[PDB]
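Complex: meropenem (hydroxylated form) / Metallo-beta-lactamase type 2.
In this chain, residues are counted from 1 in sequence order. Both backbone and side-chain heavy atoms feed into the values below; hydrogens, waters and symmetry mates do not. When a ligand or atom number is given, it counts from 1 through the structure's own listing order.
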Amino acid sequence: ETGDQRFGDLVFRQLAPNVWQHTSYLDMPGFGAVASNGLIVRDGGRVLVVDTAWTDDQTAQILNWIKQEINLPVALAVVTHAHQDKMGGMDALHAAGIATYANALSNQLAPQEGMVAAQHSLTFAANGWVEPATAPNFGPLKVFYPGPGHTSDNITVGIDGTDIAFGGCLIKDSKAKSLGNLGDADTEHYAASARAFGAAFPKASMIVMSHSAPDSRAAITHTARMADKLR
Ligand SMILES: CC1=C(S[C@@H]2CN[C@H](C(=O)N(C)C)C2)C(C(=O)O)=N[C@H]1[C@H](C(=O)O)[C@@H](C)O
Ligand SMILES: [Zn+2]
Ligand SMILES: [Zn+2]
């Protein structure tokens, strides 16, 4: 909290020399404030964004913080699946002229989920790794599709050069008691998808997720075992 920095309704936390976690909150009746995490990556003389905030205005505040504190242009953005906490601020990115990327399935689902689709579609090989031709100049971002879990389109990102792997809403923390929203979840494949994420980034010691503070690899293990009980 003390290393933490605030801009508007947003909170920013530095996880690494070139990596920040952005956190936004949405008021949801019945629960109140719900936190959603994303990533900001500085790669040379440009900035890469992983996931939007809940809303356009909150996403706009991300961009202005980046402008004020990092003072580098945002080259691209990648969203991890077609839900509001990750894709709710797509209009703000496009208004700023930022190239946006997402799983082709996410872009296909986006209208059904009330989301604005990304400009470009990512495709993946059978082993889960992104097809390089669909993700040009992603720098240190290593995009990996672990398979159907939280949703059928969820993707994960590793930051090369760091110990950081981003699991999005697929991974819950090691002391969680639930897997959250299983409304659009694949109950049979979730456990294997979680373990595939861990195997894709075997050297990652800091696991960043959407709705919890950065945890260890225990978050991956715990998430898988909770998903085992789904089958
Ligand atoms: C609602 C949001 C949730 S629930 C989230 C899970 N951990 C938080 C929680 O309930 N605690 C353990 C404090 C809230 C999830 C999720 O668990 O993946 N994602 C979003 C929703 C969703 O992706 O299904 C929508 C709003 O994006
Ligand atoms: Zn989701
Ligand atoms: Zn979520």
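- The structure holds meropenem (hydroxylated form) at ligand 1.
- Looking at UniProt's Zn(2+) binders in chain A, a heavy atom closer than 4.0 Å to meropenem (hydroxylated form) shows up in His81, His83, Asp85, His150, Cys169, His211.
- Residue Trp54 places no N or O, backbone or side chain, under 3.5 Å from any N or O of meropenem (hydroxylated form).
- Counting protein heavy atoms under 4.0 angstrom from atom 19 (N) of meropenem (hydroxylated form) gives one or more.
- Scanning the protein for heavy atoms near atom 24 (O) of meropenem (hydroxylated form), the closest one is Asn181 ND2, 2.8 Å.
- Atom 22 (C) of meropenem (hydroxylated form) lies below 4.0 Å from at least one non-hydrogen atom of the protein.
- Protein heavy atom in closest approach to atom 3 (C) of meropenem (hydroxylated form): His211 NE2, 3.7 Å.
- Of the protein's heavy atoms, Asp85 OD1, 2.8 Å lies nearest to atom 27 (O) of meropenem (hydroxylated form).
- Neither the backbone nor the side chain of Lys86 has any atom closer than 4.0 Å to an atom of meropenem (hydroxylated form) (non-hydrogen atoms only).
- Distances shorter than 4.0 angstrom do not occur between any heavy atom of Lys177 and any atom of meropenem (hydroxylated form).
- Checking atom 11 (N) of meropenem (hydroxylated form) against the protein gives no heavy-atom contact under 4.0 Å.
- In this structure, the protein non-hydrogen atom closest to atom 1 (C) of meropenem (hydroxylated form) is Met28 SD, 4.5 Å.
- Checked against UniProt, the substrate-binding residues of chain A with a heavy atom under 4.0 Å from meropenem (hydroxylated form) turn out to be: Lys172, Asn181.
- In terms of protein heavy-atom proximity, atom 14 (C) of meropenem (hydroxylated form) is closest to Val34 CG1, 4.1 Å.
- With a non-hydrogen cut-off of 4.0 Å, the residues around meropenem (hydroxylated form) amount to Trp54, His81, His83, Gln84, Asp85, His150, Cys169, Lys172, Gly180, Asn181, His211.
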